[PDB]
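For reference, the structure is listed below as C-alpha cells.
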Amino acid sequence: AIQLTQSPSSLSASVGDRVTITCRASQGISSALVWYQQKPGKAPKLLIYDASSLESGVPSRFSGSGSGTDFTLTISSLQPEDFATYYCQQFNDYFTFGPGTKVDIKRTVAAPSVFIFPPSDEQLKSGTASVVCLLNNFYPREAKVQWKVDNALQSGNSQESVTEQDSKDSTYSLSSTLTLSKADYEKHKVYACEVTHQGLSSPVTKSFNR
Amino acid sequence: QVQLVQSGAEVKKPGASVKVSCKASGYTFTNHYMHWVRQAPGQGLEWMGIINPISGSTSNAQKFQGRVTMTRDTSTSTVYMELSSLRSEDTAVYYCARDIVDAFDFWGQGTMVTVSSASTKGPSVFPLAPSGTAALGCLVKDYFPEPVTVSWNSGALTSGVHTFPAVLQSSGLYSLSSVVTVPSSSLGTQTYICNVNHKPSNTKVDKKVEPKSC
C-alpha cells in the first residue's frame, strides 16, 4: 500500500518568503499527485493536480513539480492568506493523503511561561482529580509536556489542547490535563510537569506537593 | 458556482447508525464521481469510498466493508453516506467531494459526527486558582454535547484570555480549560469570574476564581 509522507511537519514563514514543501511516496505514483490547502474549520481547497498543473483561480505564486516518489509545492512569495495546512494526495487506488505540513507565522523563539494547578477541593469531593499544566505564549509550536508523579513518568492519563496562533503576538498556548482517581491522587505527594521547547536550554519543571 | 451542501451535525451512541447527505448544485450531477473523506478532530484526511452517480456502483476502503453504504438519488442530485454500528473511532468531520478525474475540486462544508455513550449533561466548573504576572482559569469539565461558551467578567475581560479547544475524554464527555494572565498585584482586589454557558443543557455557571486560602 502506498504511503505518503510530508516534510517539514511545520514551517515558520513570513510574508514575502519563498516556501517549498515536500511530499514523498513509498513507491512510484507517476504523476497522480494533488496538493490541497486547508484552513481551520473549512474543507480542503484544490491547488495543483497531475503534480504540476495549477488549477484555475489559484494564484500564480503556487506551483508544483515532481514524479514517481518525490514531489514539491512552492509558493514563490508568501501572502497572509497562505498560512494554512497543505496536504498531498495520490489520485489513484486508495486515494491516500499525506499527513500535512502547517505553514505558520514566524517570530523569534519564545519559551513558554509554565504554570501548574492542583485539583480543587470541590472537584476532589466528587472522586476525580484533574491536574493542569499551562504552557503560555510560546513559539514555535513544537513543545513537549511530561508528567511525573513521585518521579514516575505518567502515560495514558493526560490530554493536550493547543490554541490557534495568536493574531497579535504570533504565539501558541497549550494545556495538558492529568486525570487521576481521588485515591490515586492522594497516594502520591510530588506532582510535576516538565516542559521541553526550543527556547529552553534544558527541561523546566513546575511542581507542587499535594 | 458549484456547491456541495451537506446535512447538519449528528450526535450518536455507539452501535447506532448515521446517514449524511450531500446535495450537489450548479453542474451536471452525473458527470462526476463523488467521494467521501473523513477527518478526525485535529488529524489528517482518510478516504472512505467512491460512488458513480449514473449507475450507483460504489467501492469503499476495506476498513469500512459491511459498515458503509453509499447511495445516490439522481432526481435530487444528492449522494448519501450511511455508516452503521458506530464506534468512538468514527467521530470525525465527514466530507463529500467532487471527482475531476485528476483531483477533488469541490468539497462539501463537512458534517460533524460525534459518537459517544454520553447524553446531554451540563458542565462542572472548577477553579484553576492563582498560585509579576499570574495565571488563573476555569476547568469546564464533563459536559455533552458541544459547545460551551466562556467569557470572563461578563465580557469585560478579554486581554490575555486563552480558551482552549474542547477534548473528548474516554468517558465520552467533553472537557476544556479557559485561562487568563493578570497582574499578580490585582489578585487581592479584582474579582475574576468565568461565565460558562452550555445551551444544550440550559446550564449557566458564573464561577469566581480566587487564591486558595491556607
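Each sequence line gets a chain letter, starting at A and going down the list. Since chain A takes its numbers from the PDB entry, the residues it shows come out as 1-210. All chain B residue numbers match the PDB entry; in order, they span 1-131, 138-220.
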**OP:** List the drug name given for chains A and B.
**Re:** burosumab
Original post:
What designation does the entry use for chain A?
Top reply: Burosumab Fab LC
Original post:
In the PDB file, what molecule name belongs to chain B?
Top reply: Burosumab Fab HC
